[PDB]
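Drug present: avibactam (bound form).
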Amino acid sequence: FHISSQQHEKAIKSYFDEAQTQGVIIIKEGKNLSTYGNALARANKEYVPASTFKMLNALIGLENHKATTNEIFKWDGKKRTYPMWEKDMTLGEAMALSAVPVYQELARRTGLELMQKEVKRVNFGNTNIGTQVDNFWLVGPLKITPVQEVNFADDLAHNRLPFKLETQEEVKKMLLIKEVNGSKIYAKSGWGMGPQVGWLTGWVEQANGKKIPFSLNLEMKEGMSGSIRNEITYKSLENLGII
Ligand SMILES: *C(=O)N1C[C@H](NOS(=O)(=O)O)CC[C@H]1C(N)=O
């Protein structure tokens, strides 16, 4: 509808302003990155990946045969932080529910060494996982920037990461979170509770098959629900005509 750039920029900054946080949303068309939001300098700062790490955690586990996509991870019967986690699930269900115990299990099956080696080989963030195989993505030392996250999403959306095509297709089928008038949104959220960072990193796949990667990165505040990350992302992507 021939909207100015100034006006797209202003509408998107105001989504972040109206949520009373600081954040950025990076979009990639082709090789070109565009940063929007109310705190542009966040784009190249380092944050914990938190649960966005599940995406690489799954790739690595599936590649190295530590799980299959059919395999049921049994709830062991301990009280878990949310009721939705007190059930048996597949890697894919666990991705939708962001179920830490399943992903911690998978990380322990991979083991620190194969994990350190594979995070180096795919060159994710600062690539340092420290000595603790089951929490490194939440409290350090692993860190990543919003630009590295959209680049990561871009790689995965186009099967360019160093993993078999089928492993990549298996993890991607797990990430479908929304369908809007012929578009599909694939993404993983993240919330570094261990200032708390919030992510939503992914791509939109358009009707015509074109794929536009994005990473939202913002500060999660006291009593904000996780779903603002989705609301701000849907509003930004629509404003830009991407969905
Ligand atoms: C991931 O960053 N986490 C796992 C779980 N679900 O997260 S989501 O809403 O960000 O998708 C709870 C919180 C968080 C964590 N503390 O590990």
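The residues of chain A that appear here are 31-224, 227-275 by the PDB entry count, in order. All values below come from the heavy atoms of this structure, side chains included, with hydrogens, waters and symmetry mates left out. Whatever order the structure lists ligands and atoms in, that order sets their numbers, starting from 1.
- Lab note: most contacts to avibactam (bound form) come from the chain the PDB entry lists as Beta-lactamase.
- When only non-hydrogen protein atoms are considered, atom 17 (O) of avibactam (bound form) lies nearest to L168 CD2, 3.3 Å.
- The entry's source annotation for chain A reads Acinetobacter baumannii.
- Residue contact check for avibactam (bound form): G258 places no non-hydrogen atom closer than 4.0 Å to it.
- Ranking protein heavy atoms by distance to atom 14 (C) of avibactam (bound form), first place goes to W221 O, 3.2 Å.
- Distance from atom 13 (C) of avibactam (bound form) to its nearest protein heavy atom, with residue and atom name: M223 SD, 3.7 Å.
- Those atoms of avibactam (bound form) with a heavy atom of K218 less than 4.0 angstrom away are 11 (O).
- For atom 10 (O) of avibactam (bound form), the nearest non-hydrogen atom of the protein is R261 NH1, 2.9 Å.
- Among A129, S128, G222, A80, the residue whose heavy atom sits closest to atom 6 (N) of avibactam (bound form) is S128.
- Counting only heavy atoms of the protein, atom 4 (C) of avibactam (bound form) lies nearest to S81 OG, 2.8 Å.
- Annotation: atom 11 (O) of avibactam (bound form) to nearest protein heavy atom, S219 OG, 2.5 Å.
- For the pair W115 and avibactam (bound form), a heavy-atom separation below 4.0 Å is found.
- In this structure the covalent anchor for avibactam (bound form) is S81 OG.
- Applying a cut-off of 4.0 Å to heavy atoms, one finds the binding site of avibactam (bound form) to be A80, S81, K84, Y112, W115, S128, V130, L168, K218, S219, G220, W221, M223, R261.
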